[PDB]
Engineer: 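Here's what I've got: pioglitazone, bound to Amine oxidase [flavin-containing] B.
Chains: A, B, ... assigned top-down by sequence line. Heads up, chain A uses the PDB entry numbers, so what you see runs 3-496. Residue numbering for chain B follows the PDB entry, covering 3-501 in order. Just so you know, ligand 1 is whichever comes first in the structure, and atom 1 is the first atom listed for that ligand. The header says X-ray crystallography, 1.9 Å.
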Amino acid sequence: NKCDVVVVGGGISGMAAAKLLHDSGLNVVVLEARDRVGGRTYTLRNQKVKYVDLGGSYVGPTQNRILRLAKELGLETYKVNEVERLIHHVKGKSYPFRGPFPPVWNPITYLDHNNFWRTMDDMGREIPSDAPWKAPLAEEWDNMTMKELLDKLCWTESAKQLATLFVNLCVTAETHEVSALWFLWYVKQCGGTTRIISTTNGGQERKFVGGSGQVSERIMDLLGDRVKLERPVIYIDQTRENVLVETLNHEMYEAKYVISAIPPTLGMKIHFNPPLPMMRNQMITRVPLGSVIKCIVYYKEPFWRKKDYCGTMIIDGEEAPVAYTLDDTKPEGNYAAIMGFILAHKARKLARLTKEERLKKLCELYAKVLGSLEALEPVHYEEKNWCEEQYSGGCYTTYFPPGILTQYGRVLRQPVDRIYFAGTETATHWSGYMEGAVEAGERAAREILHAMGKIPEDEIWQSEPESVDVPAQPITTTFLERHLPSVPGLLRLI
Amino acid sequence: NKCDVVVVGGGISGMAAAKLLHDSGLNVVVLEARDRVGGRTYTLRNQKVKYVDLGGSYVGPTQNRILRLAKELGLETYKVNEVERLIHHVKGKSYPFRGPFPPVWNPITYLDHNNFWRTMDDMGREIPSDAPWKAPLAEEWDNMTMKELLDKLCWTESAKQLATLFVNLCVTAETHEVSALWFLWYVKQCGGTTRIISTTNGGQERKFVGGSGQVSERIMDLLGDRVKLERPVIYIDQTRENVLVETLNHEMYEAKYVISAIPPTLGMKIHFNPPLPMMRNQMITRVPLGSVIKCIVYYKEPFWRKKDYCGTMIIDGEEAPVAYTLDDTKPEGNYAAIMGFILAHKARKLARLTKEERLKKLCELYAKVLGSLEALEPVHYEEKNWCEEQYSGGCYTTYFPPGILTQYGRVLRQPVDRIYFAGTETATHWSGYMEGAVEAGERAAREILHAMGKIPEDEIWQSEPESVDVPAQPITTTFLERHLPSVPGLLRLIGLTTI
Ligand SMILES: *Cc1cc2c(cc1C)nc1c(=O)[nH]c(=O)nc-1n2C[C@H](O)[C@H](O)[C@H](O)COP(=O)(O)OP(=O)(O)OC[C@H]1O[C@@H](n2cnc3c(N)ncnc32)[C@H](O)[C@@H]1O
Ligand SMILES: *Cc1cc2c(cc1C)nc1c(=O)[nH]c(=O)nc-1n2C[C@H](O)[C@H](O)[C@H](O)COP(=O)(O)OP(=O)(O)OC[C@H]1O[C@@H](n2cnc3c(N)ncnc32)[C@H](O)[C@@H]1O
Ligand SMILES: CCc1ccc(CCOc2ccc(C[C@H]3SC(=O)NC3=O)cc2)nc1
Ligand SMILES: CCc1ccc(CCOc2ccc(C[C@H]3SC(=O)NC3=O)cc2)nc1
């Protein structure tokens, strides 16, 4: 019944918040709707796969909070395989390459591609990470979709196809679904185009040995019986001295403060007394999550490596079910596997099929792209469609349709009386990722410590020392990349 | 706790559904979250106003279901005042006019305005009322906002300005917030541009004597103790032979079937066992309601009539808090009043002020638009910001952002095991309105009667005889309206002769 703080949600953010408060000497309780912890992370274990991340998996340089938390819990990382060549498959042909950038051979098309990525980062430099609505052109950019921006910027269909894939893969949503301002903020707050797309020296550099689900699991181990599973919160009452929190299974909890560590829209599943302020009331109806099926096909051997391919495939176009893959083989070289994402509208379309039907489509696609009949002989298959999850709403994260971020963005982390807001969606660096989940959970926890008079105001937001295990190398550009003209810039010189 | 059908929501749609089922001999229960029925309709009564609709109010020709239901319940309508001139206020100046269309004198501007409304209706004719996602260019149109479509179509700032106000006023949302396909559907399913904008011969022709809240109240009277107030539904369980419905105040109800008669996104407030199918699970996170404050300023007399103004003002410009007003005086001629809407972003922006501050801003605006110092002397004020409502989510209705209607639209009224879906959002004619609430409630009820083997399949969807009290004049166009060129059409003709 009685405690200092109730945390709603036992994903990484809620767990990180509860741990910090617990370590500080407060009595905490975590109320989790599911029969498991981890939320948008989920590590499946069976003999065929050993373990596999069906939700969030990747960590990399500059994500120092998640790396520090995992290390403390006794976890280690290994590198996602990028020794051999990456593949860009365009108009029915595979083009192997090295470096983070797919090569472009046509000179006009080259200028167009170069300008697109450069312009994304140029625009990002004017968007504050902690307040994107304060961008000088916030309203102009928020009132446009990414489709509109791409249509204006890309003079070649080639650039437009890759730019579209980029949007789809970053935020599991269609270019026409999302605000340009929000999307440009999203990329900038991960460190820019190069950092977000990169395996080596980027967001996809590493995975956790044994799976990312261990983060939430091991914190639940540390919290004893303070984690309550199968307790979906249904009601929060702030009319009295202590806050009252009621669960679906009829239990009542009493606390001084609450942390909401669930996706913003899932706040709708809770009935509030008194009602929420107008702006939050409407905000939580305006913020959907994206759509994705994560699919892992297993093979006897990582056969692609013999052809000097690392397993990374970037696959343009409408026909392909999967637009992007990475090698999911274990560090020992066993449990050979390819991870692929079925993105946005394709998640919706292909959900109608059977598991076996999807397996066949993926195997035939991979056989074409890798140029190998070995892709047609899988030994095992696992997948998860995150669109079906009542207590997630989708994956990877929440996207903002046009007009929403400028009108409602401010209220995302604004406290409501004694309710404070965590969740990766409220982070200012790697929001959308496990890193942002840690940042937001610890910040929300420290807001409460400050409310209790335990720490000063300047300690609410705290820097993180760089990981020694996963250090970051700087992102560089070339002289030509910085100074080559766009297509219309070349036209104006003519 | 045992019944045949549980209806979730006691707005017009749930009440219409419950009444039909009750009349058919079934045992119904209505579970309503609030301490009142009516939902997005709410009639305030006090001595200063007598009565006033703070939510949905207007009915008109072609809305035959709401008119028939209200008539059966003993209600009467009266006509909104449109005897005198309307006002279009643009660039700080007022232009009085008659007819549904603000006058446009500049011939280029006239062609552009004519073509804009014509094209809205032309495109609408391509969109099936019962399946907008089946339009030939559904995907192209759904992947565009209304802002993009206006930018393409309007060759004058004058047309773009009025078109923007039109969207804001129809759906309480910004042009950049909404899908072009969805908005084009929304207008077409109300009968088109002329019908949706008109007072005389359109959606705003009439109000109910005594207020629209009487519709839901009188149905509650008919149903007696079957309506349960302050029972917000939290949980629906379909894993066993009969459906189990749990409320916040700790009550359990058992039923053969359920009708969900709440705004689609408010489905999120219910925990489902088993979980909803993927498409509905995501759909209910993708469908917000609009933003509006409805404001009524009272005066000693309807002084605007003396200057040959009916009370209708169409007000363009960022600075104006209210973009549209109608005379709200009682049919007897007393309790003189102006009704105004604060729309979309302005509802958000102006919510920060006090009630007294909003009243001052409205009076100052009305004084300028009407050229009348008497507008600075209000005797009373009432208002309601629908953005603050936990159990509405907004008003008037649900809008669809770009890309959503084609991807998720088909599941809006698709049954989920033994749950059937009512609510105005699921209607095919005047969706968003009290009329659509009746259509959807009665249709959902008949879906259940069919499932029980009580009526044949062809009786699920039923036509409605035209009101004898509110006849519908047809929507007509002139030869010139049909065949005058667009601005680019004129330019093509110019470039053709110059050869
Ligand atoms: C789904 C997904 C996510 C993902 C990704 C691929 C997929 C398919 N790949 C990632 C990656 O490679 N690297 C990375 O860093 N992130 C990746 N992501 C996203 C990542 O998983 C998320 O950013 C992160 O997991 C989010 O953490 P957070 O703690 O903020 O949120 P959550 O996991 O959703 O946890 C919320 C918990 O709350 C519970 N819940 C929901 N409603 C209630 C109620 N009413 N009462 C009590 N509890 C509730 C949820 O069940 C959940 O456990
Ligand atoms: C708000 C508004 C609406 C409006 C308008 C002006 C404003 C300011 N002008 C209109 C007009 O002039 N003419 C017209 O025909 N319509 C106008 N509108 C729209 C109109 O009010 C709506 O279309 C109509 O009232 C909607 O009816 P419907 O029955 O479909 O929906 P509802 O009124 O919202 O009723 C839903 C009920 O369900 C209850 N609820 C919500 N959640 C729960 C849960 N969890 N459990 C139990 N009950 C629940 C709500 O409280 C409500 O009563
Ligand atoms: C800047 C030039 C460029 C343009 C597009 C691509 C194709 C690959 O793009 C990517 C885009 C996003 C991501 C990150 C994706 S992958 C994941 O697990 N989670 C993510 O957020 C990974 C790769 N490569 C290079
Ligand atoms: C076709 C040419 C034209 C273009 C716009 C206007 C300005 C008025 O536009 C209107 C637009 C919508 C509405 C209906 C609004 S008012 C209400 O109570 N609920 C509604 O849906 C009423 C008027 N007049 C004429």
Engineer: Hey, where's pioglitazone in this structure? All the copies, please.
Structural biologist: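 Every copy is at ligands 3 and 4.
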Engineer: I'd like to know the other chains touching pioglitazone (ligand 3) at heavy-atom distances under 4.0 Å, if you can.
Structural biologist: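 Heavy-atom neighbours of pioglitazone (ligand 3): A.
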Engineer: Regarding atom 25 (C) of pioglitazone (ligand 3): of the candidates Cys192(A), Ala161(A), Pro102(A), which has the closest heavy atom?
Structural biologist: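 Residue with the shortest heavy-atom distance to the ligand atom: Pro102(A).
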Engineer: Hi! I'm trying to figure out whether this entry has a covalent bond from pioglitazone (ligand 3). Which residue and atom?
Structural biologist: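 The model places no covalent bond.
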Engineer: Within less than 4.0 angstrom of pioglitazone (ligand 3), does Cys172(A) place any heavy atom?
Structural biologist: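 Yes.
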Engineer: Among all protein heavy atoms, pick out the one at the shortest distance from atom 6 (C) of pioglitazone (ligand 3); state its residue, atom name and that distance to 0.1 Å.
Structural biologist: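 Closest protein heavy atom to atom 6 (C) of pioglitazone (ligand 3): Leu164(A) CD1, 4.3 Å.
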Engineer: Taking only heavy atoms of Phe103(A), which atoms of pioglitazone (ligand 3) are found under 4.0 Å from at least one of them?
Structural biologist: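 Counting from 1, the qualifying ligand atoms are 1 (C), 2 (C).
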Engineer: Using a 4.0 Å heavy-atom cut-off, which part of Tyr435(A) comes near pioglitazone (ligand 3): side chain, backbone, both, or neither?
Structural biologist: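 Only the side chain of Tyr435(A) comes within reach of pioglitazone (ligand 3).
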Engineer: Looking only at protein heavy atoms, which one is nearest to atom 4 (C) of pioglitazone (ligand 3), and what is the separation?
Structural biologist: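 Ranked first by proximity to atom 4 (C) of pioglitazone (ligand 3) is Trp119(A) CZ2, 3.3 Å.
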Engineer: How does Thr196(A) reach pioglitazone (ligand 3), if at all, at less than 4.0 Å between non-hydrogen atoms: by side chain, backbone, both, or neither?
Structural biologist: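 It is neither; nothing of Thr196(A) touches pioglitazone (ligand 3).
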Engineer: Do any other ligands or ions come under 4.0 Å from pioglitazone (ligand 3), and which ones?
Structural biologist: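 I count ligand 1 (flavin-adenine dinucleotide).
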Engineer: What residues contact pioglitazone (ligand 3) if the heavy-atom distance limit is 4.0 Å?
Structural biologist: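 Using heavy atoms under 4.0 Å, it comprises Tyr60(A), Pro102(A), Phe103(A), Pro104(A), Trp119(A), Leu164(A), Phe168(A), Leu171(A), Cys172(A), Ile198(A), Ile199(A), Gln206(A), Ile316(A), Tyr326(A), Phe343(A), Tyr398(A), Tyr435(A).
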